[PDB]
Peer 1: 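Before we start, here is the structure in question, set down as structure tokens.
Chain letters run A, B, ... following the sequence lines, proteins first and then strands; every chain starts at 1. A restricted portion of the entry is shown here, and the contact count covers that portion and nothing more. Values below: all heavy atoms of this structure, side chains included; hydrogens, waters and symmetry mates excluded. Per deposition record, X-ray crystallography, 1.9 Å. Atoms within a ligand are numbered from 1 in the order they appear, just like the ligands themselves.
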Amino acid sequence: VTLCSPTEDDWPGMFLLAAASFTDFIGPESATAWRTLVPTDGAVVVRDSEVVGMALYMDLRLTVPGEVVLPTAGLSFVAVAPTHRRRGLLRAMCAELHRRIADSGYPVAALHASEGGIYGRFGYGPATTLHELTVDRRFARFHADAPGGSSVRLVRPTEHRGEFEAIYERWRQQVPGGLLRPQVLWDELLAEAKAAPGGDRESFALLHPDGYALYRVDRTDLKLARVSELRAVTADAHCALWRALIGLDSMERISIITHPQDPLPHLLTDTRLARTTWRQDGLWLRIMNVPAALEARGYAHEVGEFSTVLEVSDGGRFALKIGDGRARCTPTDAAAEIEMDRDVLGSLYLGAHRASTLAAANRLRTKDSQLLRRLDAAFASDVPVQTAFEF
Amino acid sequence: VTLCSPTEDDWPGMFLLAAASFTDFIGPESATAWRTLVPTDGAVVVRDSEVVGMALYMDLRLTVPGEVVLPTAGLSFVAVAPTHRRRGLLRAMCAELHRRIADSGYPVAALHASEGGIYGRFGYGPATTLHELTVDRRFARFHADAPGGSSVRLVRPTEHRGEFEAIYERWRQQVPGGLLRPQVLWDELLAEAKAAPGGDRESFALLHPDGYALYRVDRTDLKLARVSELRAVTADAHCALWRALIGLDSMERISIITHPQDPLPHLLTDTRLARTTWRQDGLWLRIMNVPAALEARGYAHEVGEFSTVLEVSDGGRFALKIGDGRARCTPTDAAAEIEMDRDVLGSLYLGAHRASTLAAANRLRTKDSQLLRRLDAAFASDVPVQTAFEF
Amino acid sequence: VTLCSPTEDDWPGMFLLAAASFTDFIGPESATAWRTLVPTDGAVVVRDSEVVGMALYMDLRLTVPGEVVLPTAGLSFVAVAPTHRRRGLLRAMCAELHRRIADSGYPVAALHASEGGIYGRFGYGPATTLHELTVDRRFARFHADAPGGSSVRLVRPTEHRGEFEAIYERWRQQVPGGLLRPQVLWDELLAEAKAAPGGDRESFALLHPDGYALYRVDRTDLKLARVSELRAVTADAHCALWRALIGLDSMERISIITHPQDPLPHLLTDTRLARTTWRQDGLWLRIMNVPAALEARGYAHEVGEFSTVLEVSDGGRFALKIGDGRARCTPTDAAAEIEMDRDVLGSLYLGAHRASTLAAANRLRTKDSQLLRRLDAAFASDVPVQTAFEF
Amino acid sequence: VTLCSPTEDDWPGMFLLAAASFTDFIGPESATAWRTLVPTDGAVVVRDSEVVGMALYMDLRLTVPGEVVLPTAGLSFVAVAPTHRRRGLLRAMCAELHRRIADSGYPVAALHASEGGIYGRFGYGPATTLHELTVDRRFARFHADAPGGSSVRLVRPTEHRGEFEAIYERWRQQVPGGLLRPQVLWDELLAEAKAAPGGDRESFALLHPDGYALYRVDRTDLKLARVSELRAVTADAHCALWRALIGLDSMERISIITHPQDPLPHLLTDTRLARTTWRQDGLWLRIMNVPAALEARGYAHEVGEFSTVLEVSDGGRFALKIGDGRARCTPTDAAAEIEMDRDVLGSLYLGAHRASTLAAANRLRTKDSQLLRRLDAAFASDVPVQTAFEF
Amino acid sequence: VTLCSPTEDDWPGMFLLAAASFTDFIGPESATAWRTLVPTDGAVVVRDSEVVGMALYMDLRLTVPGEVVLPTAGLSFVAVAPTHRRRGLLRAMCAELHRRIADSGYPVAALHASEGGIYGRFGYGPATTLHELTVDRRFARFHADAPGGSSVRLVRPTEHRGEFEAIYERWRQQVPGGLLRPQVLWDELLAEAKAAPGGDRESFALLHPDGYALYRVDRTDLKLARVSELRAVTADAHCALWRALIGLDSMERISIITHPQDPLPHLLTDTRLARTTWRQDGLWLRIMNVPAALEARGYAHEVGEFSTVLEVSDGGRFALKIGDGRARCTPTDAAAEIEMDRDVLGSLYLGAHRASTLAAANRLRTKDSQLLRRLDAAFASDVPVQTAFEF
Ligand SMILES: CC(C)NC(=N)NC(=N)Nc1ccc(Cl)cc1
Ligand SMILES: CC(C)NC(=N)NC(=N)Nc1ccc(Cl)cc1
Ligand SMILES: CC(C)NC(=N)NC(=N)Nc1ccc(Cl)cc1
Ligand SMILES: CC(C)NC(=N)NC(=N)Nc1ccc(Cl)cc1
Ligand SMILES: CC(C)NC(=N)NC(=N)Nc1ccc(Cl)cc1
């Protein structure tokens with residue numbers, strides 16, 4: 001077996017492995033559009049001749065706490081032929097891409113995991129949490145305090161592309177987890193909004209000056225509406241869109257994949273009607289350069305200046321000083337006050353997981369409980385972390 | 001209809017309403033043990049003659065952030081006959097008990113809600129969150145970092161009552177949400193640990209010096225073990241008990257009703273195996289005396305001294321100064337900087353809900369985003385809020 | 001918001017609201033064929049610019065007891081945008097159409113209800129009952145008395161359109177509930193008889209000189225045949241078609257949406273094999289002109305001449321004389337002997353609901369039990385009321 | 001009603017009956033390809049004018065024990081209109097085809113039965129057994145002894161047609177139950193390997209020099225892979241293909257319709273993971289000429305020479321001598337030592353059913369237990385009987 | 001941890017581990033009756049003080065092909081505390097019991113496996129196959145050939161204990177897999193035949209001079225009868241009992257756990273009505289002494305004398321001569337012609353698995369296909385292998 005950058009002649013072999021590996025593999029046409037986000041030298045293949053393994057990264061822009069946008073290597077299209085399992089192909093492909101990503105200057109890599117048990121050992125930690133809420137809209141009444149007690153329009157998505165793009169662009173710059181959505185991914189999204197013979201029903205949109213929701217009736221459950229994406233830049237827009245969704249009088253239930261701090265339940269007289277039906281890891285992060293990542297993000301202003309020594313397992317030891325919402329992270333050989341594997345740092349990085357929770361599992365080790373409280377407070381995000389789109 | 005404290009002659013009428021109202025109504029014997037926690041004048045009935053409504057409170061001790069224990073009026077046994085709906089009986093009974101609770105000197109009242117839409121309008125806010133985790137133990141492997149890589153014993157619960165009582169007593173004093181469990185409730189718990197003809201299977205216990213788990217196989221799904229209660233005072237005890245539960249080799253699944261910050265998922269190589277199968281409000285709080293409650297709890301040391309003016313809707317306006325982890329809360333007629341209904345304060349009080357999340361639903365109103373960040377940080381609990389036992 | 005007859009420019013806005021409101025919305029092509037049944041001034045829209053509400057009526061011909069055919073305004077395509085709920089749009093649109101229908105000379109309006117709780121307050125009463133029967137054909141044996149112990153042919157529907165049209169035309173003139181089916185609706189029916197990729201299987205027909213059945217195998221349950229429509233003008237035809245349907249030896253079950261007096265169960269040695277799997281209101285009626293409707297239908301010859309005074313709530317008081325199967329219905333200020341809301345009269349009108357049943361719910365009020373027996377007998381239909389087709 | 005060979009003018013009438021009778025009826029195009037396997041005079045129709053019954057046979061080649069290939073009449077496309085049940089059409093059509101098959105010189109006829117209770121009385125006995133195995137691949141580990149501890153390639157079926165044809169051709173000559181697969185059936189198979197809108201997902205192939213597997217992900221259960229066909233000429237190929245199928249890491253389950261002696265379970269450390277989820281009769285046989293069939297197949301060499309007298313109910317009495325793996329079967333009027341109906345002989349013929357098992361049901365009658373043991377041993381097949389393809 | 005024979009003081013500790021390990025653990029009373037089958041020194045415990053592991057064997061009598069009865073060590077009550085997994089306790093307990101069993105003179109050990117992946121590596125091979133058949137009795141018609149076209153009585157089990165014992169005793173001596181059922185196990189069986197509050201319904205019996213069936217209606221599915229045990233010594237008795245079971249006119253379905261050669265399906269006009277709903281390994285065998293086991297059983301008379309050399313992996317090499325239905329098995333250092341692990345021999349031993357099937361998985365290795373055919377024929381059982389009762 002050999003590992004190398006694919007030639008044009010490798011891509012049909014890659015698309016066969018993709019079709020056999022991914023049920024959501026639209027086809028070679030969709031694949032060729034995503035391919036425009038893959039840099040030169042962003043892809044590796046393993047050949048036995050025939051393609052038996054592949055992996056690549058896309059050039060992404062990820063928003064982190066403090067509204068800072070990082071260049072991010074988005075791992076995707078990772079697959080090993082069912083004929084070639086347990087031969088170290090995944091480890092070899094991840095080692096080569098990680099070498100290329102680090103050499104190229106990316107401070108972070110990111111992925112969506114097909115299973116929970118793979119990517120930890122390669123230094124990825126789950127950094128966003130997906131939370132599905134299902135509302136029994138038949139009983140849903142808005143609280144007396146809820147805003148907006150007709151700013152929303154029901155529209156055809158393909159006729160309002162410009163407005164969706166501009167709202168999304170405002171949203172993604174404000175929210176940790178936000179990703180820049182390039183033109184080719186808007187092309188894909190609006191092509192999926194069409195009804196397909198034997199497939200999805202037509203998508204509709206609810207459009208506010210400061211937010212939109214895209215939804216469709218479920219293929220088989222005709223009383224369920226699924227919200228594919230709701231992006232609101234203001235609380236007024238979020239509440240106005242939910243008032244419209246709860247007005248889908250022919251549905252029994254509205255479901256959305258959202259984040260744990262979605263204020264929806266608080267909009268209703270019965271908080272219990274917004275039921276959590278599913279929870280899962282969303283975006284995973286591998287911190288490629290510990291000092292560049294820790295100095296780049298903003299920190300909570302509420303915690304007073306403090307200094308510590310952080311060791312990442314096989315990733316350096318650093319003097320970490322955090323104050324006035326900024327970190328300075330410098331090499332040191334001083335004794336470590338905090339130790340953790342690289343994956344744990346990625347889990348902390350967008351504020352989705354508390355240092356004290358990881359400490360209670362012994363994933364993060366310190367003898368100082370005051371230092372733990374300070375890290376928890378500092379790494380917290382003012383704006384709750386959300387998940388942009390899967391890749 | 002008349003509202004009054006019940007006489008001894010009213011109790012058979014109350015037990016009939018209870019049997020008709022509550023499916024979990026063990027019987028008059030269990031009821032008579034809980035009755036020892038009801039103070040003189042802790043109960044009201046409505047008569048049409050026959051009992052058509054009832055409500056009472058029990059004397060409880062609730063742990064709040066800072067390890068402070070508050071006298072708490074636990075509302076329970078609330079029922080209105082199906083013959084007497086929509087006649088204002090619940091509002092009349094809650095108004096009278098709230099008068100008695102406030103006059104008696106309780107700073108807080110608490111309940112478990114049969115539905116989500118009732119108790120908000122009486123000033124109760126959901127203050128703890130129940131989180132059911134279901135583990136597919138067949139795939140569960142402990143992370144290399146997990147502690148305890150035989151401190152636990154498999155025992156009969158009724159033979160180790162003293163040890164369970166002492167561990168629980170340590171747990172409940174340390175954790176916000178903790179409740180003192182009186183002798184009569186230990187009597188009930190150990191009577192429910194017995195197998196019943198046509199009912200529950202036998203409970204077993206896993207016992208560590210610093211924690212215990214009580215579990216039983218499900219009545220009908222013989223491959224599911226349900227953990228009824230796991231109380232761990234140390235991280236080592238928590239991990240050791242889960243190692244033993246994952247060693248129940250005849251089960252496919254282990255389920256527990258826990259809290260959102262349970263570190264279990266982080267103990268495993270695959271965090272996704274600890275699946276969230278259910279989430280719901282647990283304990284609800286009504287703040288009866290705003291200054292006594294806000295001055296009693298401890299606050300985060302990480303936030304610097306700040307002053308604000310808080311108005312509770314029909315519950316006073318106060319100068320609120322928070323610093324060095326303590327609050328001072330004094331009458332003022334100065335302009336309000338923060339306004340919220342009483343129920344919202346109860347939701348904030350144990351740190352389960354963020355001020356910024358309630359603000360995004362307009363349940364809490366301020367024009368100062370810096371003040372919101374400061375309240376979020378100050379009201380946060382170092383020790384995650386848990387739910388003790390239902391009542 | 002403004003209410004008006006739509007211009008040609010409004011129809012794309014109406015088709016967007018329709019797609020978002022109705023899951024069964026084939027598309028703009030099907031819509032344009034139904035549109036040929038809508039008279040000039042048969043449609044209203046509400047604009048905010050954009051269409052946020054719509055309603056129309058079609059010109060129909062409804063058969064009532066005595067084989068009398070009434071011009072009928074069939075309400076359809078009624079929808080309010082999810083953005084515009086609770087603003088009185090439905091009440092405003094129904095008030096305007098009802099004004100136009102009454103002014104145009106229609107004695108009755110009719111609809112199929114999307115939910116049971118809407119149309120009562122606008123004067124519509126459920127007037128036909130849908131009854132789904134599911135037969136376990138594996139056990140079905142015909143009684144010794146059953147007729148037809150090969151008059152039926154298995155055919156392709158599109159090749160026998162003329163014969164279906166002529167049988168249906170005989171059926172609809174004989175049966176209360178019958179509707180004239182115009183050419184455009186035969187076009188639609190035969191287009192739905194085609195198999196669709198990802199959709200319905202091919203329909204087949206069973207054809208007798210005096211009846212037909214259209215059926216298809218269910219999309220997903222391949223052992224269920226669904227009869228979409230069985231129209232039999234004679235008992236011999238009805239029994240012959242069921243003999244053929246019970247001969248679908250590859251099916252386990254045959255289901256049909258029929259009426260409560262379907263004689264099918266009586267054809268079998270085991271009446272219980274024709275199981276009632278679903279029951280629901282079918283056609284709803286609003287009596288627009290009380291005297292024109294009550295004088296138009298025929299009444300049971302078995303009841304002797306009687307006179308009464310009927311008051312319809314806000315719909316007039318009338319001297320009602322019924323004899324020799326005919327009614328005379330004239331204005332009076334004499335004291336009322338019978339009172340009911342308009343919706344109740346529509347429920348009585350085709351004989352689907354008994355006066356004595358509505359009296360027992362206090363929907364119809366009299367102090368005379370003899371008068372109730374006389375109304376029950378008079379309003380009964382000799383020929384059981386059936387449901388023609390949905391609109 | 002009349003029975004005759006169809007004219008070209010009958011075929012549209014036959015295709016209508018086929019569409020109404022068979023849910024798996026691809027269409028007239030697929031039907032016209034299978035039609036090339038039907039000999040002149042291989043088809044009968046019943047007319048009432050219109051086609052109300054049909055039956056035909058195809059020219060097949062069936063492998064029997066000893067690697068002997070018999071000309072076989074494959075009954076197929078048998079249907080009676082639902083209008084014409086219980087009129088003896090099936091018996092009349094089977095009697096005429098059986099006359100033509102016997103006169104033409106076929107020693108055996110075969111079919112796949114739509115139900116288990118029809119074909120016994122026409123002399124067909126179930127001769128192969130279908131066994132569905134479902135593997136929970138997440139737990140599947142190969143035994144230390146299992147062969148092949150990368151000979152297999154993941155390929156697109158349509159690009160390797162030549163290789164599939166050559167492996168299948170080797171398989172079908174070696175295994176009892178094997179059928180020659182003509183070019184038109186390879187055309188059909190590779191056309192079904194394509195994804196269909198609203199239908200099947202794309203098929204992939206696993207290709208070894210000495211075996212192949214064709215599989216697809218299930219339409220609706222996206223964690224189930226269904227193996228449509230696995231043909232392995234060697235044990236090494238069988239194990240190598242299963243290693244690759246168990247490497248489909250995105251599936252939970254792999255299902256296959258195989259035979260009772262599939263060695264798969266023995267390849268795994270946990271034999272129980274290969275679960276039997278379904279069992280059913282596969283190919284049915286009617287022995288048309290008792291001596292030609294019994295002399296044609298090979299018998300077990302392990303049993304010593306023996307002689308008996310076999311009577312088939314209304315099918316002759318024969319002196320049957322079996323030795324050195326060969327039978328001689330000659331007319332006799334000597335007393336019968338063994339008696340059975342024709343269907344029972346067909347059940348014994350490929351070794352799928354034991355003589356002693358049929359004797360215990362009194363389907364085969366002898367007074368000699370030693371003769372039963374000898375027949376069981378002689379009729380056993382060295383190579384386990386498999387099912388080729390349905391027709 | 002220490003391993004030793006338990007004292008009387010250990011048994012309460014063993015019964016706690018048993019209750020926690022086995023859901024079917026009736027209680028200490030049932031346990032004390034089974035305990036009478038455990039020889040002195042038949043039990044081992046591991047102590048940490050407290051019991052953390054246990055295993056024992058019972059003295060059984062197992063019928064093998066040729067109606068030979070072997071003393072058999074039945075392993076049972078094997079459990080390791082969930083606190084003590086992965087410490088080699090099971091391997092240590094099995095090694096000690098196997099030492100004691102071998103020293104005591106048992107030629108074979110046997111068990112029922114809680115999972116399929118444990119006992120292989122300790123030399124146990126699955127030797128019987130459990131086959132659940134579910135009959136839709138509503139369609140079941142007996143074939144014209146079926147025997148018995150009133151020898152059976154419906155009786156109360158507890159009144160006919162003597163007759164059940166005598167039939168079972170005849171059955172168990174005739175059938176490979178048969179076990180002697182001691183008086184204490186008849187006591188248990190007849191105590192389980194009683195209805196329990198919240199548990200099983202009453203059992204009834206069908207009693208023939210030469211067979212019995214015990215059955216009960218399912219706890220929850222009131223249209224399912226479960227046959228717990230059917231023992232028939234003659235084909236006439238087997239058919240007569242099934243005629244009576246198919247006469248349970250209030251049931252839809254009759255289920256039984258039987259063996260793969262049950263002739264039931266052949267008794268019916270539709271063989272497919274006896275559906276295989278479940279298949280699993282039953283009894284597992286460990287051959288403790290290869291020559292004593294191979295010389296003890298009878299072999300097929302149909303195969304001519306042959307000689308080979310068999311090597312069992314770490315269990316000896318033997319000259320194996322089989323002729324006239326008897327084996328001679330003597331030490332040799334000649335080259336092996338056949339090799340297999342000990343577990344494989346146990347799988348072959350009662351005739352449930354074919355040598356050629358195990359060879360195709362490479363669990364049995366020879367270069368001689370003629371030798372494989374001879375072993376398959378020789379190890380076959382004339383009387384099909386059945387499973388007596390679980391332990
Ligand atoms: C929504 C998700 C599942 N879509 C993706 N998986 N992203 C994706 N398919 N990514 C991808 C990237 C590059 C190429 Cl060349 C081909 C595919
Ligand atoms: C575990 C919960 C549901 N148990 C309770 N509901 N508490 C409870 N039943 N409380 C209660 C309190 C007082 C009396 Cl007199 C009777 C009953
Ligand atoms: C079978 C039923 C549901 N079909 C209808 N709903 N009727 C219907 N769609 N009616 C309708 C009438 C007029 C117009 Cl312009 C557009 C649609
Ligand atoms: C895979 C099976 C179900 N396919 C078949 N049934 N065979 C089949 N359809 N046979 C067939 C034979 C001849 C003619 Cl003309 C038309 C059809
Ligand atoms: C029917 C089966 C499951 N019953 C058994 N497991 N046998 C069993 N429990 N055996 C057993 C043997 C000895 C003792 Cl001391 C205690 C129990």
Peer 1: Drug at ligand 1: what is it called?
Peer 2: proguanil
Peer 1: Look up in UniProt the name of the chain making most contacts with proguanil (ligand 1).
Peer 2: N-acetyltransferase Eis
Peer 1: By chain letter, what other chains have any heavy atom closer than 4.0 Å to proguanil (ligand 1)?
Peer 2: A
Peer 1: Examine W34(A) against proguanil (ligand 1) and note whether any of their N/O atoms are separated by less than 3.5 Å.
Peer 2: no
Peer 1: Could you tell me if other ligands or ions lie under 4.0 Å from proguanil (ligand 1)?
Peer 2: none
Peer 1: What are the identity and heavy-atom distance (to 1 Å) of the UniProt active-site residue in chain A nearest to proguanil (ligand 1)?
Peer 2: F391(A), 3 Å
Peer 1: Tell me the protein heavy atom at minimum distance from atom 1 (C) of proguanil (ligand 1), and give that distance in Å.
Peer 2: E390(A) O, 3.5 Å
Peer 1: Can you tell me which residue and heavy atom of the protein come closest to atom 8 (C) of proguanil (ligand 1), and the distance to 0.1 Å?
Peer 2: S76(A) OG, 3.5 Å
Peer 1: In terms of residue, atom name and distance, what is the protein heavy atom nearest to atom 17 (C) of proguanil (ligand 1)?
Peer 2: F77(A) CD1, 3.2 Å
Peer 1: How far is atom 5 (C) of proguanil (ligand 1) from its nearest protein heavy atom, and which residue and atom is that?
Peer 2: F391(A) O, 3.5 Å
Peer 1: If we only count N/O pairs under 3.5 Å, is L56(A) in contact with proguanil (ligand 1)?
Peer 2: no
Peer 1: With a 4.0 Å heavy-atom cut-off (strictly under), which part of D24(A) contacts proguanil (ligand 1): side chain, backbone, both or neither?
Peer 2: side chain
Peer 1: Can you help me figure out which UniProt domain of chain A most of the residues touching proguanil (ligand 1) belong to?
Peer 2: N-acetyltransferase
Peer 1: Quick check on contacts: which atoms of proguanil (ligand 1) are under 4.0 angstrom from a heavy atom of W11(A)?
Peer 2: 15 (Cl)
Peer 1: So if I count the atoms of proguanil (ligand 1) from 1 in the order they appear, which ones are less than 4.0 Å from some heavy atom of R35(A)?
Peer 2: 15 (Cl)
Peer 1: Give the atom numbers and elements of proguanil (ligand 1) that come within less than 4.0 Å of a heavy atom of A31(A).
Peer 2: 14 (C), 15 (Cl), 16 (C)
Peer 1: What is the residue list for the binding site of proguanil (ligand 1), using non-hydrogen contacts under 4.0 Å?
Peer 2: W11(A), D24(A), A31(A), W34(A), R35(A), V38(A), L56(A), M58(A), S76(A), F77(A), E390(A), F391(A)
